[PDB]
Amino acid sequence: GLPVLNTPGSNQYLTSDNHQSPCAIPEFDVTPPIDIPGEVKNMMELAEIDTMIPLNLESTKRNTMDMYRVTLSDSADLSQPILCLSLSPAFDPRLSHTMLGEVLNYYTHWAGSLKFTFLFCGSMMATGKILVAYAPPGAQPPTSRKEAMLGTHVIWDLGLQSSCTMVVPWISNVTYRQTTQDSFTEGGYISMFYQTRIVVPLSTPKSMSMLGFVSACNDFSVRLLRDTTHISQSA
Amino acid sequence: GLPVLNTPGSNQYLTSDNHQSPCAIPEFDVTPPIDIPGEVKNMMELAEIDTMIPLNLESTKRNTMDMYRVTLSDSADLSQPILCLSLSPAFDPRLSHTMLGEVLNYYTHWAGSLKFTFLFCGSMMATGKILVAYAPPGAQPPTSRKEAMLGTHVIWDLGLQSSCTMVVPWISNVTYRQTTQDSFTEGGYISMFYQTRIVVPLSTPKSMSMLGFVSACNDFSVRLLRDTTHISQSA
Amino acid sequence: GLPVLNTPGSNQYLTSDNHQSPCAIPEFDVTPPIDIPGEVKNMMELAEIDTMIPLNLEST
Amino acid sequence: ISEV
Amino acid sequence: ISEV
Amino acid sequence: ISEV
Amino acid sequence: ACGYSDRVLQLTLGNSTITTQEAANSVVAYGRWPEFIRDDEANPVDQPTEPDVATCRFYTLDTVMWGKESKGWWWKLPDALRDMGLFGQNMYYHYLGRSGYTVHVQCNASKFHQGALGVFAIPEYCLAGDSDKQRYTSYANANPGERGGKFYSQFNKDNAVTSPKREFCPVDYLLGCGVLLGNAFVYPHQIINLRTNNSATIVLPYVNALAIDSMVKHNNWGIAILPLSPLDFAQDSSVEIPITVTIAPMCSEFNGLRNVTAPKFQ
Amino acid sequence: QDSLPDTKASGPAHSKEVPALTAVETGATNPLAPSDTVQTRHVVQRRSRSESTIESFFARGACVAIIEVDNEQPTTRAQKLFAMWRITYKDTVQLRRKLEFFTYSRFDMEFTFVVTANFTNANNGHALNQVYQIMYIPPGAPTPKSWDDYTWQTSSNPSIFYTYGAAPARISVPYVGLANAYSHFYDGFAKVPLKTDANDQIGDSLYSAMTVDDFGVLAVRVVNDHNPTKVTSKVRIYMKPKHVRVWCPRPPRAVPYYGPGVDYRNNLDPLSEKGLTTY
Amino acid sequence: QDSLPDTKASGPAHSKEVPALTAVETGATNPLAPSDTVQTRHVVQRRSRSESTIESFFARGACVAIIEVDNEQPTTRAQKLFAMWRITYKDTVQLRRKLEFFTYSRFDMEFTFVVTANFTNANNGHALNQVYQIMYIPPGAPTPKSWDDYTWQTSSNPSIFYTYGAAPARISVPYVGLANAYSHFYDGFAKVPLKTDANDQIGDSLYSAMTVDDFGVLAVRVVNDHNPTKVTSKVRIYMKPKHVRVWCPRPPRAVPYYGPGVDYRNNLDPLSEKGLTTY
Amino acid sequence: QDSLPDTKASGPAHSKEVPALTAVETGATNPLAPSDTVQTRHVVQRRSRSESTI
Amino acid sequence: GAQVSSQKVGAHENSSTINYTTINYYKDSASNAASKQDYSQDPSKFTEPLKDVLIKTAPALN
Amino acid sequence: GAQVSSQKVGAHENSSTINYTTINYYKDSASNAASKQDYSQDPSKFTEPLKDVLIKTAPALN
Amino acid sequence: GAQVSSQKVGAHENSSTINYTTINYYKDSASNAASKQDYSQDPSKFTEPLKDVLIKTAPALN
Ligand SMILES: Cc1cc(CCCCCCCOc2ccc(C3=NCCO3)cc2)on1
Ligand SMILES: Cc1cc(CCCCCCCOc2ccc(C3=NCCO3)cc2)on1
Ligand SMILES: *C(=O)CCCCCCCCCCCCC
Ligand SMILES: *C(=O)CCCCCCCCCCCCC
Ligand SMILES: *C(=O)CCCCCCCCCCCCC
């Protein structure tokens, strides 16, 4: 009989633990694997896939196909923002339910660069130049293109290459931000403005949709696994 | 005293487990083995032995010697099936109690090819050609030789070699079928028809028995050990 | 703390068992053996010795 | 030891 | 043993 | 060790 | 080469020869030919008796008749041979005996007859009884000798609690023992299907949990013959053909010699 | 070494190479880094995706079931002296949603059992420590009709005898699927209706259901004979996938689950109201 | 490597070799593969018979007995203050039927003891934890007449002292048969009637029974002196064959067991009704 | 190896050596084996006194 | 005296040959767990107990 | 049969490479804990499933 | 300091020489379990305590 002494933690059950245990069905002939396509080794692979942003969550557009459609037009007020959004990938209502947002909602901490890709779904006869921007946190959130110009930005020229990508670079004080809303670990502001304007010829639609996409650049990571607020169950 | 920490599973009793335990009768002089004939190393060896199918479970024939006897005759309706049966080796009433059926009823999953051997127990002066068939699942179960011909089949000519063997090849979607009845893991249909007819001379019996046998081909296997419905006990 | 799991049989007492246990009187100077005649190594040695049969178990 |  |  |  | 066949066999043991022009090959039970007890499996220390040609030869039992109502016949070994010449004497003068056997079942009919016999060699063939009373079949009734016993189509319970018959009640489809007959094929066997063969030939090794035992107390093998398919001929409703069982002891040896055992068979 | 890529020092550009422009119609996601659109410094990256590996994402024991069983005097009306649970990850929502990020899966499964009990009534004396039996009954095996009938003899079925108060019971199970991977989604039926069928009930199946009993059941009972006073117990079952592999990613469940299939009923409005130009 | 044979690619045939034809009268089973009667592809076979090995088939602890024993005040009428069980796999049906697929067997035997207790009466105060003694009494040894007489001194008999609440007791036993293998079936008698016998009772034995006491008994008692209030306990015995070898296969029991021998009484109708040409 | 002695194959005797006769007055027990008084076969003995050790 | 063997790995984690270790603690082999590495044999003594075993492509009876 | 590997040390005490030891006790690999040393792969089968995968500096459409 | 010996195997599983391992944990040999590998001796000091031990085939008295 080897002399042993039981330490604290003895006979507890940790949900997170990693231990051996007896096999209830011994010598079972297991069905071998076959090479199925589409195998995933890591959840971040999914966050690197572009998914469509629900950019328009206005009263009659939310939980509707239109929540994905931003309207551009040749008669829009050029002083005004096309769209304004907070850099809170797991929390901001427009981002929190995208595939990126969903994976991040199973983690407490995120870090890395993000990229926004916009698709012009107008007619080919339609032209226009758009400025899209990212302001790192700490100052007044941009209400004018004049202010937005001063931060990180891409001037998108519409043409045969339909889509433009703005990379939001990892610019932060802390090494990892929180997936929840919090001023101490805040990400900053995203905004969009007309650099010139949408110009169409006659016999063409003067109004059209823009679609937005978001995904993670390869430097992106997440930590501290946690349960999501995005699913629940009643008694 | 070696510092130890008790993990979950501690002090449980698993019926399936494999552990060492103290010998209650130490230094006992064990009687040595002698070479007895008939040693078995694996239950499947028994399922590879041909046992007689209770093919005739009609009201007055079941649980009687006649349950093993199918009647053939020179005046049978040649449009009709001699016999029809489901490929459910552990469940179909005609198969479930054969030695194959019995071993499979101690397991939850089966896989592999089966073989049916029929014995003509008529007089030597009797001739005839019989078609025996296997239809893989998914279509209408064969009511006519015309339909049965289209699937896996053997045309048996009666003669000096008394018996014929039809191999039911492993044709399935899943890697292992269930031993119980289930449409998702179903095996298909077995049927028998007159290719020509039984022809006898005068002063000969016009009617005779056919016996059926079933066993497992060498590719056959079973898994997930379980208790059988074929034995029970009252309070 | 080495992660251990208690198996069935744990904390039982088998009369037939063969295990180590703590010595209640440590470092005791044991009296050495001396060569005594008549040592037995096995009970069968005794069964090989001729003993007298009570052949007559009649009433008196 | 005995490795099989 | 196996050291990786 | 001691193997007997 | 020359002209040889699976169907034509000659068996010769001692001063006895069997021929058959219509056999269906022949079976060696469990792939083991009969043999004598090896020095390293030996248990009684006394020098054995091996009578050889005087006991290891073909004893033919009383013929039975197979008819349309015949449900099946059974025998136990060595019991069927207890009164057969010097084998019987050796068996009864010794406490211990072991023997293997060549069993030859004989049943010929004609190209126009019909029927099939299942011939089965069962190790330890324990049979079921008469009663509400368990394990109650008497020695005299359990051992019919050469005469053998029979099967029945159904279980008739011996009701007379006052004077019980203490007999077996072997039901055919239950192989007389609580299991289904269809599965008896896991036992060493042959089939006499009359369109194919005259006879069955099974060679039995000595099978037991011991190298040797008491032949008087315990039977090693049971021979069960059941009509797997009923006898039929032309249109004659009352057909009847003979079945003859001829058995030979093989590699017979005996230990523990003393005065003769006289069992009470009444 | 499992760290992510270092950021490269990137300078000004005046060129015909335009990484910022693309066409998402192609089906592909633009492989861009900050150095492709902004001037960047050199960063030596030490961060790692260690915790988001498929194993690490599922390496946690989830509550999949609550089985209630009583020990009391056997009367003659419906009672819980034994209970049966169909093995599934679907009576619960949390683990179900994590597994459903993927179409197919392959893994070994760890079962941990937390058993709790209490007294029901104010007082009829007390109870001695209870031993619980958890019997696995695979599809085909005899199911108990009575808390102590012959099935509980468990000669071939695996069973756990849990003593109350001991550390929670734990066992492991192999990959036991009939296919080469578990199907979290099955678009189809177990039966097909044929034109030649007698009733049209014969070929009717549940959409997306496969085998009727899937993995069988767990039969739980208290092995002790009943005390004078009644004791109620609950067995909580914790399930953990281990040695995990997964195939074909899927969008996460966005509205509440309505039974075993992909069916929705209500609260089909997952998203909040937010103004287009409101941060 | 324990996988089954690969299926060979097999083509069309027009030959004098006829594997489909045979003669079962010979006693042999036709060694056929699908490639002998149908065109087959090449399959690389990975399936295995690992779980149907004799060891794997019996490697499971089966309930063979339920011993009831009480601890209460010693009165003067028949009581259960101690109990005795004849060691056998035959008071139960499940393991018995598995062992009976074979005529002879040889194995070591593992005994596991699950002990449960409860209060009998509504209330006379309570009880302190009980220690149980399980004494093996081999044929020949003195059997107890009293729950605490001298036999329980157990100086040469093996005994387990089980403390209530501890993990179930477990011991192993060697192959202890008088023969070279255990006889699951014995066609014969332990005595022969001789013509020279006085009564014909002298030579009468039970058919198929061997030694009168076979393996002896287990005597169970509660070592504690009685409480004011009564405690009833049950010892469930689980039996597992290990390091198993078996000889001569037998058909499985098809009708219900009627005591220790091959005797049947009723429910001799195992098979269902099914029409000859009905799928 | 702790097994007991093998039994030796022993034949007929017609000799002046008489192992069956002795004198227990001496104090000694006659060292006889079955082969000294009966015809014996060769047995390879596997039994052992392991359980009767002190 | 430790015994080391390979496990037949069914479901593989995304990480080759894996082993396990066994040590007998007791003198009596009866005390030992089951090795479960069990060899197989031919059904032939049951499926083909014939004195003249014949090849499947040739006539059973000749 | 013991398995020895390096731990990825996060917070270091004021004391280099530290290891841990693992021994499988059971025959069935199902019984085993998780190794958690998991390799990663390319998102490309999901992020770029194109027949003609193009370089990011060149036109997506040409 | 581990001690390794062969077990005398009685009933063999369908899988040769099997061992077991022993380690004394205590200083006092009194604390030790029993080795049970016990040698045997001649009964002669009891069965034949004679000054002139005689051969069994010759006369006991002469
Ligand atoms: C659909 C689907 C289902 C799953 C999970 C499948 C897990 C299947 C496990 C089947 C066996 O489960 C058992 C549970 C408990 C026990 C047990 N034995 C002793 C007591 O507990 C045995 C088997 O993944 N996809
Ligand atoms: C007939 C037949 C019977 C069998 C099984 C035989 C097993 C025989 C075992 C005999 C000894 O059983 C014991 C059980 C328990 C104990 C024990 N000792 C301390 C308390 O429990 C000792 C021996 O197989 N065929
Ligand atoms: C062979 O076994 C030599 C190596 C032993 C390594 C240490 C084993 C620790 C367990 C010893 C158990 C002793 C049980 C009586
Ligand atoms: C390889 O493992 C050889 C070294 C073993 C060292 C001693 C291990 C002590 C633990 C053994 C566990 C046995 C579990 C069945
Ligand atoms: C000789 O014993 C050297 C090998 C030791 C192997 C590890 C043993 C683990 C058990 C040590 C017990 C110490 C008890 C005081």
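So you know, we letter chains A, B, ... as the sequences are listed, proteins then strands, and number each from 1. Heads up, header says this was done by X-ray crystallography, 2.9 Å. Order of appearance sets the numbers: ligands from 1, and atoms from 1 within every ligand. Partial entry shown, contacts counted within. Note: hydrogens, waters and symmetry copies are ignored here, and every other heavy atom, side chains too, is used.
- Looking at ligand 1, the drug there is WIN 51711.
- Bound to WIN 51711 (ligand 1) with the largest number of contacts is the chain that UniProt calls Capsid protein VP1.
- Other chains with any heavy atom closer than 4.0 Å to WIN 51711 (ligand 1): A, H.
- Heavy atoms within 4.0 Å of WIN 51711 (ligand 1) belong to A/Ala24, H/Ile87, H/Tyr89, H/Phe107, H/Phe111, H/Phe113, H/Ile134, H/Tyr136, H/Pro158, H/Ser159, H/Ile160, H/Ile171, H/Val173, H/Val176, H/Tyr182, H/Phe215, H/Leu218.
- Per the entry, the source species of chain H is Poliovirus type 3 (strains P3/LEON/37 AND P3/LEON 12A[1]B).
- According to the deposit, the name of chain A is poliovirus type 3 (subunit VP3).
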